[PDB]
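Each remark here refers to the structure printed beneath this line.
Numbering of chain A is taken from the PDB entry, so the residues present carry the numbers 1-155, in order. Determined by X-ray crystallography, 1.5 Å, according to the entry header. The figures that follow rest on heavy atoms only: side chains count, while hydrogens, waters and symmetry mates do not. For ligands, and for the atoms within them, numbers begin at 1 and follow the listed sequence.
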Amino acid sequence: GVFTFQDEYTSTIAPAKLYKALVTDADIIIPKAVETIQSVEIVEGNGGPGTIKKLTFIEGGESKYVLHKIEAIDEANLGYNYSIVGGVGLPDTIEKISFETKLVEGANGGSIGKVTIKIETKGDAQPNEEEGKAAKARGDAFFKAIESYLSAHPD
Ligand SMILES: COc1ccc2[nH]cc(CCNC(C)=O)c2c1
Ligand SMILES: COc1ccc2[nH]cc(CCNC(C)=O)c2c1
Ligand code: NA
């Protein structure tokens, strides 16, 4: 099956500066800002499409990682697309999960962060609702931590 999900986040922060933190300078900023993420590193590639990044994080007290493959990166248009290509544990019935993200101008010089998630499953399997809830919350917390960090570090 094929399933879509969307979420949106608002910030008082300007979109180009949020995108620099989230994407350009992600390998430095994300582990500083996000207290459950230990590291974000390039496993292979030059930063462009095809690049594989490894995000190491703690969950339930246990060290885990996930691998992200960069699918599109467009700084001019504040766009970044990636799919999950590996990690700890099993996908179970999840064949594929990709993300499409964009930042746009929001209220009073601020931003809106838009994320579209596309999940492909085996046959008639449905995406797990408890894991969806957890993912949704993680996304919220992630975007919020980045905002906190940038605010606490004017520039
Ligand atoms: C969670 O909210 C958003 C919103 C707009 C976004 N743009 C770019 C990213 C970063 C995507 N990097 C990772 C490791 O997921 C993003 C996140
Ligand atoms: C609360 O922040 C966290 C904590 C652990 C994590 N592992 C992986 C991600 C990336 C999350 N990116 C998006 C677009 O949802 C992550 C975020
Ligand atoms: Na961290």
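- The macromolecule with the greatest number of heavy-atom pairs within 4.5 Å of ligand 2 is, in UniProt, named Class 10 plant pathogenesis-related protein 2B.
- Checking ligand 2 against melatonin, ciclopirox, tacrine, the answer is melatonin.
- Near melatonin (ligand 2), within 4.0 Å on a heavy-atom basis, the structure shows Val34, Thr36, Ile37, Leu55, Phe57, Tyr82, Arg138, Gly139, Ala141, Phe142.
- With respect to atom 6 (C) of melatonin (ligand 2), the closest heavy atom belonging to the protein is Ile37 CD1, 3.9 Å.
- With ligand atoms numbered from 1 in the order given, melatonin (ligand 2) contributes 12 (N), 13 (C), 14 (C) to contacts under 4.0 Å with heavy atoms of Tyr82.
- Those other ligands and ions that come closer than 4.0 Å to melatonin (ligand 2) are ligand 1 (melatonin).
- For chain A, the UniProt melatonin-binding residues having a heavy atom under 4.0 Å from melatonin (ligand 2) consist of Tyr82.
- At the top of the distance list for atom 8 (C) of melatonin (ligand 2), counting protein heavy atoms only, stands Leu55 CD2, 3.5 Å.
- Ranking the protein heavy atoms by distance from atom 15 (O) of melatonin (ligand 2) puts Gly139 CA, 3.7 Å first.
- Per UniProt, the Ca(2+)-binding residues of chain A include some within 4.0 Å of melatonin (ligand 2) by heavy atom, namely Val34, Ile37.
- Close contacts of melatonin (ligand 2) with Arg138, meaning ligand atoms under 4.0 Å from a residue heavy atom, involve 1 (C), 2 (O), 5 (C).
- In the vicinity of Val34, heavy-atom distances shorter than 4.0 Å reach the melatonin (ligand 2) atoms 2 (O).
- Summary of contacts: the protein heavy atom closest to atom 4 (C) of melatonin (ligand 2) is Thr36 OG1, 3.0 Å.
- Given atom 11 (C) of melatonin (ligand 2), the protein heavy atom at minimum distance is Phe142 CD1, 4.1 Å.
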